[PDB]
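Testosterone complexed to Cytochrome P450 monooxygenase, as determined in this entry.
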Amino acid sequence: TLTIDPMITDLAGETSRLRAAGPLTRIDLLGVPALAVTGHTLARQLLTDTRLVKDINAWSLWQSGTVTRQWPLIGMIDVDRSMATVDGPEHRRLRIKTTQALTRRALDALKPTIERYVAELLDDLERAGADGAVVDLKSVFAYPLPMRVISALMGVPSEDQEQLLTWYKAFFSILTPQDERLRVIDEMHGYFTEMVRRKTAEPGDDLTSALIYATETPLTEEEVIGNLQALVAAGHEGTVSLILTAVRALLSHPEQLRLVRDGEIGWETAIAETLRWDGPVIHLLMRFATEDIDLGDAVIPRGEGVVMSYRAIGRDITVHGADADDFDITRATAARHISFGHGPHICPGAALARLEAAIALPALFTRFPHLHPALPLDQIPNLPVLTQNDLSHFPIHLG
Ligand code: HEM
Ligand SMILES: C[C@]12CC[C@H]3[C@@H](CCC4=CC(=O)CC[C@@]43C)[C@@H]1CC[C@@H]2O
């Protein structure tokens, strides 16, 4: 069994240990055992296997009361009913209105909004960078942008977004005391409950109102609340990491940065290789076997929990080759990654996340062509967030 270090002290060694022990291996998540899927081919297979569900009531550890809400990771699994917790035909019903809102056409009408948030945040970088002062790319640029974009889509007031970010920081950190974590989870549920009620009595041009007023069976209020929570949480968290890890990877590989600025390699292709090599998700919790799953050299027992170790999956040497642990935007398999998932629960906002990074990254390097880091890589740790690739900071000189 591999114990996942909640402090993320040795992410590179742990990721390689997971790859070496895979494609299926036992992990320990803060005292709770589970199975981690670390192989790319096995992941794609299980992600489309209908004997694996997200419903926590299918977990034997939850049924028996062995895992309770005292577990610091329980907020990642015991969530309100939504597209993230259901499978089968009900899943399509809880997802279809959202996917209609995230089409290639639908995002075109949203593209100018993103471009304005980007331009506003670039000005914040310039203001904080007066007199050659080092600026935190994260806190000034990468962290606020995805929250402003998902808030505009969902209809979250601008005045409320700081509070949401404050809640999410405590929610993700393993250093949050468990009584405070549970209080924040409750306060967040109460916030989105009251927002859904407010939008029910006053709909707007936003996705929350669309989820309430669709004209199949209408979503229950619980399901709208659950979808809203999953959309804001995933919608703001992942893209922050993507923007920062892409900048970090290209600044430390200047010859590849030259390729994208000169147009030899598209930004969309650099974003794909960032997702494969250093993506926003480390481990995805959690799936549960409704019956014994015979793989042929291993069995997944009924009721067992199954984690998708997407970071290890991205480093799969069988699919990507011997240099899988290297960042190379020119590799042929960069588009074959599954860092947005696979199967029916594949990220519904994958196109929006790709668009946000595809706007922000060239915007950043056009506005500040000579930007460079103010800290070396060994002084940029991950935050203690076990399941997410969350960077502490990225100080830069604007140049
Ligand atoms: C770089 C940015 C992002 C990454 C890497 C990412 C990745 C993922 C992954 C790995 C999953 C779950 C796959 C699984 O179940 O195994 C997921 C689910 C989900 N994501 Fe994303 N995501 C990103 C951005 C977004 C955005 C922008 C939105 C919304 C606009 C979003 C909304 C969701 C939702 C609602 C789910 C649950 C879908 C379901 O269970 O049917 N995410 N995402
Ligand atoms: C894990 C995640 C952030 C946490 C999200 C999760 C989707 C379901 C969910 C809804 C909540 O109420 C809290 C956070 C969670 C648990 C997201 C899937 C993509 C992103 O990485």
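The numbering of chain A matches the PDB entry: 9-223, 226-409, in order. Determined by X-ray crystallography, 1.9 Å, according to the entry header. Just so you know, these numbers use all the heavy atoms, side chains as well, and skip hydrogens, waters and symmetry mates. Whatever order the structure lists them in is the order used to number ligands and atoms, beginning at 1.
Location of testosterone, all copies: ligand 2. For atom 6 (C) of testosterone (ligand 2), the nearest protein heavy atom lies 4.0 Å away or farther.
Short-range neighbours of testosterone (ligand 2) under 4.0 Å, ligands and ions only: ligand 1 (protoporphyrin IX containing FE). Within the 4.0 Å heavy-atom criterion, the part of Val291 lying near testosterone (ligand 2) is the side chain and not the backbone.
Nearest protein neighbour of atom 4 (C) of testosterone (ligand 2), counting heavy atoms only, is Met84 CE, 3.9 Å. Close N/O approach between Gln398 and testosterone (ligand 2) is found [any backbone or side-chain N/O within under 3.5 Å]. Heavy atoms of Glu247 come nearer than 4.0 angstrom to testosterone (ligand 2) in no pair at all. Less than 4.0 angstrom separates some heavy atom of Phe179 from each of these atoms of testosterone (ligand 2): 13 (C), 14 (C). The contact residues of testosterone (ligand 2), taking heavy atoms under 4.0 Å, are given as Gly83, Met84, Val87, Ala92, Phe179, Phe180, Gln239, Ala240, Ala243, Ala244, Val291, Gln398.
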Close N/O pairs between testosterone (ligand 2) and protein, under 3.5 Å:
{"unit_1": "testosterone (ligand 2)", "atom_1": "21 (O)", "unit_2": "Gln398", "atom_2": "NE2", "d": "3.2"}

